[PDB]
Amino acid sequence: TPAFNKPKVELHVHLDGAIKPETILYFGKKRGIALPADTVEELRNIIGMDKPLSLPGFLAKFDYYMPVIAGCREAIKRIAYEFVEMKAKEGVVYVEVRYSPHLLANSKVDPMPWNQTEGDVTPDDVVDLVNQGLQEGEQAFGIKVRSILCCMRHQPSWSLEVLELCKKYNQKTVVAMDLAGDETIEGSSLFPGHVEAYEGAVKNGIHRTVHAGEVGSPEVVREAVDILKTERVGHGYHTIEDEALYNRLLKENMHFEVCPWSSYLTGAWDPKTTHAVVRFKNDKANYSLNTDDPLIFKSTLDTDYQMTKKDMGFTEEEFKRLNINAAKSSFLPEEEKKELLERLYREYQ
Ligand SMILES: OC[C@H]1O[C@@H](n2cnc3c2N=CNC[C@H]3O)C[C@@H]1O
Ligand SMILES: [Zn+2]
């Protein structure tokens, strides 16, 4: 019995972090590229985490399988189509999937990812492949699916290029720009390449979202807010350590993309302490419950909801409110956003 068997909205989930173990296996075999395990079950266990690690610790999991997906046109599109299917089955009526286009490419990328051998798959090409898959997934399963292109904290040179992709494919799936990666890199939020990209997004009406306060101090959330101009904040658990910033963001209707299970596994959340989302709930903050990387976390959307239900005390009421809030704070145009709110309100009666 799921915790909330009613329509949901997810804004914070990773394409490259939500691939099926079966599909990873398929391509490892088909391409003759190696994997840390030979069966889907053994692969699940080695790519997945059972206990809290660290942000850098969690990031090492992509090395296991990315090499097998990156560079193959049929793989990139396939995981996009299968993603939608996975969400539809979760009750998700609207989702925004994030991914770094450069990390799946094998041509026109200076630091060649995963030691790939030169190919013809351009970062731009991966954006077009993902669009097709998500769009076929929408038609095929009946849920609205949009994408978000991720700037990598350790590679600011890719940033202005991400900005262009968001411009080029504006609303043709791409709805916003993100900043993901290793938040422990002191001052990465402020690298000129990242800064320039967000400043440009503001001048061009491209929506912005930034990971901050996941593992970093509230000072990083302030960089995201003041310099980067985020509309939303990925994670943001640490914002509450700076009361003034918290209540300021609270009073500004800042949307927090919360991922309960994720925060536990990465170490972002000290389990010995009451989760930030409980304060968020009690303060009637504008937030959402997201999965982040179901693959690496061995989870589904019901994992976060149950967690917040059994522990933390979330009610059906708070789930509806929380989802309506995600709908309002989505990066969709007004017309489409209304359509969404109609769906939720219709199916919430
Ligand atoms: O999708 C682009 C990149 O983002 C990383 N990424 C995936 N999940 C997370 C990441 N980034 C930072 N914080 C924790 C968690 O939300 C890996 C991936 O290659
Ligand atoms: Zn994330």
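Numbering of chain A is taken from the PDB entry, so the residues present carry the numbers 4-352, in order. If you're wondering, the header gives X-ray crystallography, 2.6 Å. Counting starts at 1 for both ligands and their atoms, following the listed order. Note: hydrogens, waters and symmetry copies are ignored here, and every other heavy atom, side chains too, is used.
Here the macromolecule bound to ligand 1 with the most contacts is known in the PDB entry as adenosine deaminase.
Sitting at ligand 1 is the drug pentostatin. Considering backbone and side-chain atoms alike, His17 places an N or O below 3.5 Å from some N or O of pentostatin. Residue contacts with pentostatin for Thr269 are absent, since no atom lies close enough (heavy atoms, distance under 4.0 Å).
Among the Zn(2+)-binding residues UniProt records for chain A, the set within 4.0 Å of pentostatin by heavy-atom distance is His15, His17, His214, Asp295.
Counting atoms of pentostatin from 1 in the listed order, those under 4.0 Å from a heavy atom of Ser103 are 1 (O), 2 (C). In the vicinity of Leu58, heavy-atom distances shorter than 4.0 Å reach the pentostatin atoms 13 (N), 14 (C).
Residue contacts with pentostatin for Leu106 involve side-chain atoms from C-beta outward but no N, CA, C or O (heavy atoms, distance under 4.0 Å). Within pentostatin, counting atoms from 1 as listed, the ones closer than 4.0 Å to a heavy atom of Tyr102 are 1 (O).
Of the polar atoms of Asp295, at least one N or O is found under 3.5 Å from an N or O of pentostatin, judged by distance alone. In this structure, the UniProt active-site residue of chain A with the shortest heavy-atom distance to pentostatin (to 1 Å) is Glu217, 3 Å.
The heavy atom nearest to atom 3 (C) of pentostatin, considering only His105, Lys64, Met155, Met69, is found in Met155.
Among the ligands and ions shown, the others lying under 4.0 Å from pentostatin are ligand 2 (zinc ion). Remark: pentostatin atoms within the under-4.0 Å shell around heavy atoms of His15 are 16 (O).
At the heavy-atom level, UniProt-annotated substrate binders of chain A within 4.0 Å of pentostatin are as follows: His17, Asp19, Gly184, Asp296. Not a single heavy atom of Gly20 lies less than 4.0 angstrom from pentostatin. Contacts with pentostatin closer than 4.0 Å are made by no heavy atom of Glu186, backbone or side chain. Pentostatin does not have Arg156 within reach: every non-hydrogen atom of the residue lies 4.0 Å or more from it.
Within 4.0 Å of pentostatin on heavy-atom distance sit the residues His15, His17, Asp19, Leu58, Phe61, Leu62, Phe65, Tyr102, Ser103, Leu106, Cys153, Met155, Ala183, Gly184, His214, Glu217, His238, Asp295, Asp296.
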